[PDB]
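Here we have a structure that includes 3BNC117.
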Amino acid sequence: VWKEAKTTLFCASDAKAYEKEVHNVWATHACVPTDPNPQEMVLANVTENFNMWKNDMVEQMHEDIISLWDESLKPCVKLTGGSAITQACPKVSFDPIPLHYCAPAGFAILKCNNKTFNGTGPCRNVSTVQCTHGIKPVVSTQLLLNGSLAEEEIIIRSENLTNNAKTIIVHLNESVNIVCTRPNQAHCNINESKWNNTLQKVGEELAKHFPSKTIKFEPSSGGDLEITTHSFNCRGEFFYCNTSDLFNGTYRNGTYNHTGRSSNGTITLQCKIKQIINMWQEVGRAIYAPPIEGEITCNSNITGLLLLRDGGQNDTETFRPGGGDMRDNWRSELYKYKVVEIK
Amino acid sequence: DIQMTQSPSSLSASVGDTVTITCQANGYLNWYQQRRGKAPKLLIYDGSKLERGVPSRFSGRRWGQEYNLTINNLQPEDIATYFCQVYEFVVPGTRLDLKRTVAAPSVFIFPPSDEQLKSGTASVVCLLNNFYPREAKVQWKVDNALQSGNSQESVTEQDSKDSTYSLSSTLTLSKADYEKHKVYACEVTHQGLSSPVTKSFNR
Amino acid sequence: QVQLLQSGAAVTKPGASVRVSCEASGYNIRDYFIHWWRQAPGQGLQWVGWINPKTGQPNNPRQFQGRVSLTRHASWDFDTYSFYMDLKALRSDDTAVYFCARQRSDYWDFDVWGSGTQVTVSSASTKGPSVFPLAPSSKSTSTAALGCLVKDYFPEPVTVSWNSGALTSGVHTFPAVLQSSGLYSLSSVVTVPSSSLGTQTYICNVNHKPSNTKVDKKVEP
Ligand SMILES: *[C@@H]1O[C@H](CO)[C@@H](O)[C@H](O)[C@H]1NC(C)=O
Ligand SMILES: *[C@@H]1O[C@H](CO)[C@@H](O)[C@H](O)[C@H]1NC(C)=O
Ligand SMILES: *[C@@H]1O[C@H](CO)[C@@H](O)[C@H](O)[C@H]1NC(C)=O
Ligand SMILES: *[C@@H]1O[C@H](CO)[C@@H](O)[C@H](O)[C@H]1NC(C)=O
Ligand SMILES: *[C@@H]1O[C@H](CO)[C@@H](O)[C@H](O)[C@H]1NC(C)=O
Ligand SMILES: *[C@@H]1O[C@H](CO)[C@@H](O)[C@H](O)[C@H]1NC(C)=O
Ligand SMILES: *[C@@H]1O[C@H](CO)[C@@H](O)[C@H](O)[C@H]1NC(C)=O
Ligand SMILES: *[C@@H]1O[C@H](CO)[C@@H](O)[C@H](O)[C@H]1NC(C)=O
Ligand SMILES: *[C@@H]1O[C@H](CO)[C@@H](O)[C@H](O)[C@H]1NC(C)=O
Ligand SMILES: *[C@@H]1O[C@H](CO)[C@@H](O)[C@H](O)[C@H]1NC(C)=O
Ligand SMILES: *[C@@H]1O[C@H](CO)[C@@H](O)[C@H](O)[C@H]1NC(C)=O
């Protein structure tokens, strides 16, 4: 009664047209208010196939957020190799709002129900919602500052585990808190006790598909500062937190040992607000004004990892933090969805 | 954990011959051709799919973990090493040789010159002239003792005249170590020999 | 038209560093990873690692992690990409030819390769060759073979001619092999008639143009 197809999806939102922040501003002249009562036509005994790495919905979400950052958080001077531009660079409120994405009439979004679904292959339990659940679009490398969590066991996501060129996405089960501040040279704060427990159980799942090997965690192997260093954006400020002591441990025999230089039972990552930024959206460099005066703090809860396995021959797989392409972030949320035409 | 093996190592055929090589693998396999001292050339990808611009006489069949590469009607321009590749892993490959009659190598051995002894170094050169196939085994023996880790050997290319090869091994050691022994031998093994042949000399 | 242009042959002393470039052009460069391979004499291709053009993210095996760093440099309209491979602490077995290649698809098929650059790790500066005679002390039939020995020179190459170019029949010049001392060494032998000794003058002509060294040598037992 249905087949797979492509459609120009529209976004649903619970935003407000009276807010200062550029997210509510955008999500009103670009999105349609929520239902908020969608129908859950859930039925069993029907199997469907999904693929989070070749999914059409991801590219559309990538497009709208691109227009968001471009017209919202405006820089001072951009460089496009042979053609620069100068404009006004006003500071503004910057806090993401959870968004939805819906299919028009004649089309339908299929939803998997197997909470242990990795991201590719068939799925026994299917349902149909006209839209998608509340999803917060957070741009962040290495770590996923905000997202959902599976109440079930930890799931590993990759287009191919055998392919070391494919970025690995780790969907956790328990939330891990992260606090990045700028008192009146910044820094993050992560609870080592929780962090040790998380990487303990991550290794158990990594040693499932790679049993014989001892799992490791080394810092990034190099590249731009945006990818090597865990970069994000709090209230419009481009933070770059040194992660060299965050990913510095070893997992063997069902136990994980972290180095990490924890000077007070808490992981401290030296952050720094930059003004020269390699743009993730368009190819070029964008310059910004110095931070705001006062406190700059946002309490985040990392729900996922972005890792890349090193290739070669030693019965010991080392994993370094990755990312770069912001599509992967939204694949870890849209993994359970797919566009399907009713006709 | 990717396991890949390729057979055979040595291979010989004439012009217009139909040739086949096999490579056991558990992943995406690609076939390559590499001429001497040059970059590898892609031929077959995904075990079957033919690369554009590549002669149609090349072909590959995929089933299970067994991968074949087939070259119908061999050509002189096809004499090169062929290696199969899965992801990060590359097998040494199969060397394609211009087929000829099995021939025994003419073994020679040359004692170190006096001028070199002045320098404090001594080099003994064993010679394997005009032979086929390429596969040969040269072991150095000093006072009935096998030498390991002090000998280098260079092999010439297949001649367009007689289609044979030449091998020159060189035992390198100090004059101090050269003047502690007497008999210097040179054992050579080849498919064209009834038994290993030794050529020695004394001081 | 997609072409990957690598740098010229580089000779570096051990311990020091070397840089191997690879000018990529003629395609949608950002959408394809660039991998590196090295080729020691004979053996098989060795994976050095890949690099993400847009990101700059490298991926090296543990045997290279620390000594190698893969970087890139864009152009004006991005029609030219410069992929740099830096190898910090060079050792003896780092001497090889490195190949800049392009990952076309997820099948890991490499359709476009560079010509390659000869990286020779040695600290021999520039020296002429030492010519040593090869002759049979004891006459046991041996149908007879003799030659010369080109020893301890740098760098390549050495042209070897017999009897000022007269003798070409049965002449075999062997490819030079790089010794552990950081000096090249080859040998050239010729098959001579058994009765030719004494009634024939055998002279080899070793030429080393880099160090401007040409030596004539006469060999007889
Ligand atoms: C299908 O999945 C839903 C959760 O999304 C669950 O409530 C329901 O029990 C599942 N159906 C069956 C038969 O297990
Ligand atoms: C997902 O499950 C299928 C089998 O149902 C398996 O082939 C595939 O490798 C899995 N994907 C991941 C990301 O592990
Ligand atoms: C985390 O996942 C492990 C996998 O077995 C599970 O045992 C544990 O209960 C989970 N903890 C959480 C997040 O509740
Ligand atoms: C790390 O976390 C695990 C799981 O919570 C815990 O059992 C273990 O004691 C911790 N390891 C160390 C040595 O602190
Ligand atoms: C993540 O979500 C938390 C809770 O709503 C919020 O306080 C925080 O600002 C978010 N992190 C960022 C910077 O996106
Ligand atoms: C992060 O900090 C570590 C420790 O000082 C340093 O070695 C590393 O270079 C830093 N990373 C970057 C790329 O700034
Ligand atoms: C785990 O490690 C301990 C030593 O710490 C060893 O005694 C035990 O055999 C190991 N168990 C397994 C199954 O690896
Ligand atoms: C791992 O952490 C320790 C403690 O900070 C540090 O000394 C070491 O250099 C780190 N290793 C890296 C950078 O991979
Ligand atoms: C972090 O996530 C957990 C999930 O249970 C939530 O309880 C907590 O309020 C979050 N912290 C904040 C304030 O973002
Ligand atoms: C991943 O790649 C391997 C390469 O052999 C292939 O066998 C496997 O089917 C791939 N997994 C999928 C279906 O994505
Ligand atoms: C591969 O070729 C061999 C002969 O060389 C043949 O025996 C075998 O059937 C072939 N494998 C397949 C499955 O095509």
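In what follows, every chain begins at residue 1, and chains take the letters A, B, ... in the order their sequences are listed. The figures here come from the full heavy-atom set of this structure, side chains too, leaving out hydrogens, waters and symmetry mates.
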### Task
Point out each ligand or chain corresponding to 3BNC117.
chains B and C
### Query
Main binding partner of 3BNC117 (chains B and C) in this structure, as named by the PDB entry?
envelope glycoprotein GP120
### Message
So, at 4.5 Å with heavy atoms only, what does the epitope of 3BNC117 (chains B and C) on chain A come out as?
### Response
A:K54, A:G81, A:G82, A:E159, A:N160, A:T162, A:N163, A:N164, A:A165, A:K166, A:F210, A:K213, A:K216, A:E218, A:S221, A:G222, A:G223, A:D224, A:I227, A:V283, A:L308, A:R309, A:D310, A:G311, A:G312, A:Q313, A:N314, A:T316, A:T318, A:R320, A:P321, A:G322, A:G323, A:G324
### Message
Curious: at 4.5 Å with heavy atoms only, which residues of 3BNC117 (chains B and C) contact chain A?
### Response
B:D1, B:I2, B:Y87, B:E88, B:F89, C:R30, C:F33, C:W47, C:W50, C:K54, C:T55, C:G56, C:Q57, C:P58, C:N59, C:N60, C:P61, C:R62, C:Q65, C:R72, C:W76, C:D77, C:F78, C:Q103, C:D106, C:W108
### Task
Extract from the PDB entry the name for chain C.
heavy chain of antibody 3BNC117
